[PDB]
Amino acid sequence: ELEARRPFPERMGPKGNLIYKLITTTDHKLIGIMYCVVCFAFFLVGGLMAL
Amino acid sequence: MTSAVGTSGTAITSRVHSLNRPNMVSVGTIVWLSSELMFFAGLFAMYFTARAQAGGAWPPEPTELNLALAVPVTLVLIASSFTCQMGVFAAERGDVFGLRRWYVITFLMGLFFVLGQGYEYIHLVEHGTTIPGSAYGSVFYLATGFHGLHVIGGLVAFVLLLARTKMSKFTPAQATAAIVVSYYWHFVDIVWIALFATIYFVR
Amino acid sequence: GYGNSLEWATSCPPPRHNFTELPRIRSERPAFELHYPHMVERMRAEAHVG
Amino acid sequence: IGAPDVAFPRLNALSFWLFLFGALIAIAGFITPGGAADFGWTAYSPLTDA
Amino acid sequence: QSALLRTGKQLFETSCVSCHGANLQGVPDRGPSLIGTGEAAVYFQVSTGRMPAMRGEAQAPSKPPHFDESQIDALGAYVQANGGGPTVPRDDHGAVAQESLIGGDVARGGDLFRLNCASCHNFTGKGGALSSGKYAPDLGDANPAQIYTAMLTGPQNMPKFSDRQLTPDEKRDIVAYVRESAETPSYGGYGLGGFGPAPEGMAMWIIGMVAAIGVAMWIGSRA
Amino acid sequence: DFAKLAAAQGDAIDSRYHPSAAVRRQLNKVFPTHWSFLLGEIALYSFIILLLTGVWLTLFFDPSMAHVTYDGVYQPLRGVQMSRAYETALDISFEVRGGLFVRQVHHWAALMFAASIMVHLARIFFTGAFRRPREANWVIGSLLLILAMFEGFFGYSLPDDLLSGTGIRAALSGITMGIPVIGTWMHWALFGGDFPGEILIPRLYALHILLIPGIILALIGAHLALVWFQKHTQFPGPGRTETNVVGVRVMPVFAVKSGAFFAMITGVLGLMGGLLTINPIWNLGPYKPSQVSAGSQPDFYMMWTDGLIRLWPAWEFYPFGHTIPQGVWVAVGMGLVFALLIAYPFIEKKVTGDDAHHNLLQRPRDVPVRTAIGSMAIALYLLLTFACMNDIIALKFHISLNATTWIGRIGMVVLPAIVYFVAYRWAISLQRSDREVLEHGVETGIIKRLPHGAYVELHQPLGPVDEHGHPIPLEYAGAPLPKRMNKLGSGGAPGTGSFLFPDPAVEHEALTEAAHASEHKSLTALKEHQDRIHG
Amino acid sequence: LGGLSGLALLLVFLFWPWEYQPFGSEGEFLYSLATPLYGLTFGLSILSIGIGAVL
Amino acid sequence: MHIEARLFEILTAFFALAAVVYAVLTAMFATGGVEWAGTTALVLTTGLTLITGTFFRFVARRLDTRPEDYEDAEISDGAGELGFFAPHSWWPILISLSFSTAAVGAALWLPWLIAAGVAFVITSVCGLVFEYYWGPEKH
Amino acid sequence: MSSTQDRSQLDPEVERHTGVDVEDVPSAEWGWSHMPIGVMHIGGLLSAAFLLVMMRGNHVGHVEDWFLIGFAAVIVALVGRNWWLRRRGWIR
Ligand code: HEA
Ligand SMILES: CCCCCCCCCCCCCCCC(=O)O[C@H](COC(=O)CCCCCCC[C@@H](C)CCCCCCCCC)COP(=O)(O)O[C@H]1[C@H](O)[C@H](O)[C@H](O)[C@@H](O)[C@@H]1O
Ligand SMILES: CCCCCCCCCCCCCCCC(=O)O[C@H](COC(=O)CCCCCCC[C@@H](C)CCCCCCCCC)COP(=O)(O)O[C@H]1[C@H](O)[C@H](O)[C@H](O)[C@@H](O)[C@@H]1O
Ligand SMILES: CCCCCCCC/C=C\CCCCCCCC(=O)OC[C@H](COP(=O)(O)OCCN)OC(=O)CCCCCCCCCCCCCCC
Ligand code: HEC
Ligand code: HEM
Ligand SMILES: CCc1nc2ccc(Cl)cn2c1C(=O)NCc1ccc(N2CCC(c3ccc(OC(F)(F)F)cc3)CC2)cc1
């Protein structure tokens, strides 16, 4: 009736679980997250230009 | 590892079942070809706006189009398109060898078209017209040379796909790859037919 | 809450391949119909009134 | 749309990377001594000629 | 000539008055004074296309000429009349002498080049990097007259080799060496630029190493 | 009767000598068949070519600074004073048939020698081939590499040239003079006087054609003897253990493929010597202390030295009436560099504590710290090498020379750190990819589950399958894992007729089931040997 | 192919317009690809022999 | 495949109409007749839509109603073998880097860099295209 | 189907008990997998110090000094964040 859940979900995950994914990931969700992160990097680059 | 988890004949299969569902790779290549059409539309716009601005003699005096070699190359390109369609006909069947033969002769005809275009290019260059020489020369060379780059890409695709058919048992996925390559080649020679009807016929 | 689009019909961190359980898509907003079956009929009834 | 992935997912990965590096090379105009593109965003013709 | 000066003035009044005052005195922090620069300076600077500079940066780059030969001569004559200075060499006909500027001696021209030109350009006339955003461009494109006028007037961060440092004979000799190096085929296969160690090492690590490693992968196994 | 003649000669040899036991012992020696293990061979092969070319060059080269007027064929250098060494280099290039080709392939072989040594060093470092059994090998190999570099420097320095002359002036003269206590004394001993000393080029000739090649040959003999008797290490695999060598015996297979690889490496070097121009000295006038060029780089294996010169911020110290020039720094640098390269396995065993006899190599991913360290070292080497080319990089790629210098200055501290972090995380990620494929199996196309719309990648277990769908995870054993069904027996039976036409179906069958049987028997034999090792 | 390339190396080395030709002189083009031809033929010869051995 | 076809025939019809009206109203009522830049662009975007819509209509006539094209379709109707969807691959990043090398060699006029980038692009595209077909090493 | 499971007996030698664990690094036993965090932080501080000291040299310009300051400050901030998180137990 009661589930054995962690008190708080994993914050970061294990070391080195992402770099090779980024290099190779074919999952669309991760690619979209990359798009968003890189696009805000650029949205800061521009915008700093504006300032 | 009793026998297999995925009971599939090959590690690579058609991205969607082409019998009752569209050949998804075919749809993708058709979309991309439709976009490359608009790229060539940009090139045609450049050429046409240049044409409108000439003083009534659109090919300058130093330039004299070599139709004698220009017609044969277009004939060779349409023949290569026909042989590519024959290669497709072989591809729908399990006859990888017929596909390879047809695509090899199509590759040879496309290479001959490229060689003839290069010969005509050097003939025009030696007789004055060049990209840094004239507006007509520049637009003509730009349009025909981007078409030639497309042709070279098609030859690259032909050789790559023949090699791919050599390294795996001929699959329906390989047939779809051959079909999309044929679609690209048909786009290439259709664009050439337009470029010939404009550059050499309409003038 | 009260989402639509079939995107909220999968584990909020979506599984690889986006789904383990796909609702019977009946309208533009399948997730709302799944989570709120009682509104299904309502959705079909009040729709035309505008 | 209830799909497991995109149609050509290696292709969309290629699209993302082509973007990232194309944007990087375009922005790399700044490291050059002359600087980045001085002509307006629209980059009208004669101002963009060599 | 009167009409030549008129045309030069017309072209000047609408292409460069912004950088250089209408009286040819340089506008402060925009362009230098053209008084005394000479027809040679104008010819070299405008024939190479540098002068419609269109920006103030570390190094004004070469670009397609914005004026034709006659207009180049008109501008140069205008500047020559205003201040008076070096004049572009010309042959019997009157055109800018280019064939006549190829000095007969090349070994002496080679020594002159290596002592003076190679310092920044190259062993064989290629380009070279300079202090901060500057560089010495490749000499392959410059025609004999352009090389001569470049020596005769140091454009920017170029030492100005007056007619006394390099007499017309030495200037023609250097022009001959420059043209010979620029147009001489690289004996011993495709000459990777002119810089030896860098293109050579890059070509090793690409061609030879990729080939050797690929052949090793073909011969060898993976495990 | 060639068979009878061969038998008679074998009997004569075995009657006078008794090498039957020894000959059989080497002809049966097993060598692992991994492509990476051929990397070292390249260097050896290149080395041989150098020798074969070098002797040729010695028949036409006169080392001397005796000033002479060219008076030769090459017009652009006529009546120009040059050292006899430069004149003979020009004569080889122009006067002797094939001399340009021979010296060109010699220089290309020198570059390939250096590059292949670097690649081999990287291979053995990342694979951990330097551990307990084979530190000495590493050490001598390090020395060997060092020698090669210096000989390369003495090679293009032999033809007295403007580029090579200014390289001598910078490196030898300036740095040796900079050394505090004996620097000037070492400079005067090496040159027999000041820099333009008339006994430099002959001394470099002696060092380069006789001394250093001899030392390199002796060290290569030691290297190959150790590898031969410390039987080559191997990668982990099915039937591979720390106490065996799985591969191909020397005589039938290994010898043939090694000879063919030497032939193909010689072919690559000849093609480069023809089609690519290396060190066009004729464009480079004879060395004069005043004449200069903008490029002024050494061969790529000393570009790291030159870049370290460029990027080190002009730091000098001035003791009581004495100067310690900034050049001194690079010497110390080299020391540390070499002092760290030659000694690395001992630092590794002191830090890690691995004092065990290691015969199975380690995949670089399985050693994240050492892989990160090696990536950091390669990053620093590349940064220094490109810093040496910052002049040309700025010229071609429009970047201000000061900007490139400061990019290198900040990089030689920052880029190593970033590369270490990235390489560490990358190695761990490769480990996790291996674990994922072990615990799930290879990935394939997607399928939609029947009742509901679940999407599953349809994995492929690599081992026993549990009662339910998911398999029993396998245990990592240090061997590569198949991430693609591509590389398994899936969709890999093309028509064996030809490229154009088929063969009869009976022939295709015979061939394909024969190959299937052969590969299954190979797998079965390896598995049976594996089981027999323990069980 | 390796053998034909070696024969071509012999033929080109024996009979080819090598020797420095001053810039501009007719026959300079033949010289400019003399050493390239030597290297091309030699490399193709030995490379093809090695390829045949590997195969 | 009928709805996404009709979409493209509607777009094709509008683009053909727009190109025709632009050509008619520029050939006269304009300083230099047909603009020849907007006109050709409109004509060939009409062609773009025409090609896509023609292919879609061909396939739709070739294809019986799919579950995705069928209203009142149960999820179990579409359940079954979906096609191959490429798993992880690092070749796309290499293709991107190759094209970036070629692009910088084009911007910075470095013909050697253009050639190197083209070679890299061919190699990386070969790797991607052959990634899931390279048979096992035979030794 | 053409593949067989592999097993390797590797001589194990410290006793791989202090430092890294297989959960963090899946191949901890297979080779050097732990670099102490102390050497991390010391090296980062040394990198920042080197960046600062290069401000002293022969360069009239000051864009260079400002870039050095920025990079060294970034390194110091990264090292400080890592040290603070480690001290507190990877919190915040
Ligand atoms: C999506 C497009 C977009 C966006 C979001 C903006 C956002 C802004 N733009 Fe925009 N702007 C354009 C597109 C855009 N602009 C275009 C297309 C032009 C015409 C260009 C041309 O003429 O060629 C233009 C022109 C333009 C001009 C005219 C310049 C000129 O031509 O003379 C100005 C002047 O103030 C301006 C201001 C701003 C400001 C103040 C914002 C703000 O909304 C920006 C918000 C700022 C930030 C988000 C920065 C804050 C972040 C940081 C401080 C962190 C930085 C850290 C790092 C980089 C590590 N813009
Ligand atoms: C196994 C090795 C195979 C090697 C192939 C061998 C090819 C043989 C080529 C033909 C015979 C030899 C040609 C010798 C004649 C010759 O040298 O060839 C020049 C060209 O040179 C260039 O420009 C470059 C043009 C681009 C095409 C060639 C690129 C080939 C590269 C890619 C191969 C090496 C590998 C490098 C990879 C690096 C990539 C790193 C990722 C051509 O003249 P030009 O173009 O005008 O040179 C200018 C003078 O004019 C002018 O003054 C002068 O001042 C200059 O401006 C000069 O450029
Ligand atoms: C493998 C190599 C990887 C790179 C590794 C290193 C990464 C660390 C990057 C450190 C960046 C440091 C940038 C600062 C540099 C600096 O301090 O210099 C400035 C110029 O700033 C700049 O450009 C900013 C440049 C920033 C770009 C760094 C980008 C990273 C690139 C290089 C990555 C691509 C690598 C691809 C490798 C290919 C594969 C390799 C196998 C001003 O010079 P200057 O020009 O003289 O300006 C005068 C004033 O001084 C004076 O006041 C004023 O009055 C004026 O007169 C003015 O002239
Ligand atoms: C982007 C490329 C760059 C920008 C876009 C260019 C597009 C052009 C495409 C095709 C045209 C190729 C046909 C070339 C042959 C036609 C004849 C001709 O062009 O005229 C002779 C002139 C001399 O004329 P001259 O001085 O007056 O002396 C007369 C002697 N008596 O040669 C030339 O400069 C022509 C050299 C052009 C080489 C272009 C290489 C394209 C490959 C780029 C690879 C992809 C890069 C990816 C970038 C994202
Ligand atoms: C670094 C000092 C310096 C030396 C010394 C020098 N140059 Fe230059 N050279 C330059 C610079 C900087 C330019 C760029 C001119 C400009 O931007 O207007 C240049 C431009 C040129 C050009 C123009 C080529 C073109 O395409 O624009 C030629 C020709 C030339 N130099 C030849 C020579 C010759 C001949 C000598 C020997 C008399 C020489 N240079 C000595 C730095 C130098
Ligand atoms: C063992 C490793 C060796 C290396 C790395 C090496 C490297 C080099 C290099 C790069 C050059 C420049 C050639 C040029 O630019 O024209 C050179 C020149 C020369 N080498 Fe070596 N070499 C080696 C061995 C030898 C040997 C064994 C000999 C003699 C048997 C030799 C004899 C010569 C001679 C005579 C020259 C000058 C001739 C000329 O430059 O044309 N070399 N060397
Ligand atoms: C300088 C950089 C450079 N700039 C250019 C410009 C143009 C060109 Cl073309 C080439 N370059 C280069 C160049 O090629 N550099 C290679 C080089 C550098 C240093 C040494 N060093 C040997 C040891 C000496 C030494 C050190 C310690 C000693 O003490 C001991 F060992 F205990 F006895 C004794 C001697 C210092 C010189 C060799 C090659």
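Every chain is numbered from 1 and lettered A, B, ... according to where its sequence line falls, protein lines coming before strand lines. The structure shown is a partial extract from the entry, and contact counts are restricted to the extract. Counting starts at 1 for both ligands and their atoms, following the listed order.
Here, the chain sharing the greatest number of close atom pairs with ligand 7 is referred to in the PDB entry as Cytochrome bc1 complex cytochrome b subunit.
Drug at ligand 7: telacebec. Within the structure, the other chains placing a heavy atom under 4.0 Å from telacebec (ligand 7) are, by letter, F.
Looking at the model, one finds no covalent bond between telacebec (ligand 7) and a chain.
With non-hydrogen distances under 4.0 Å, the site around telacebec (ligand 7) consists of F:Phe150, F:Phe153, F:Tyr156, F:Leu163, F:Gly167, F:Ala170, F:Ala171, F:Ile175, F:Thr176, F:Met186, F:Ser296, F:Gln297, F:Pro298, F:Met302, F:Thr305, F:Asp306, F:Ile309, F:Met334.
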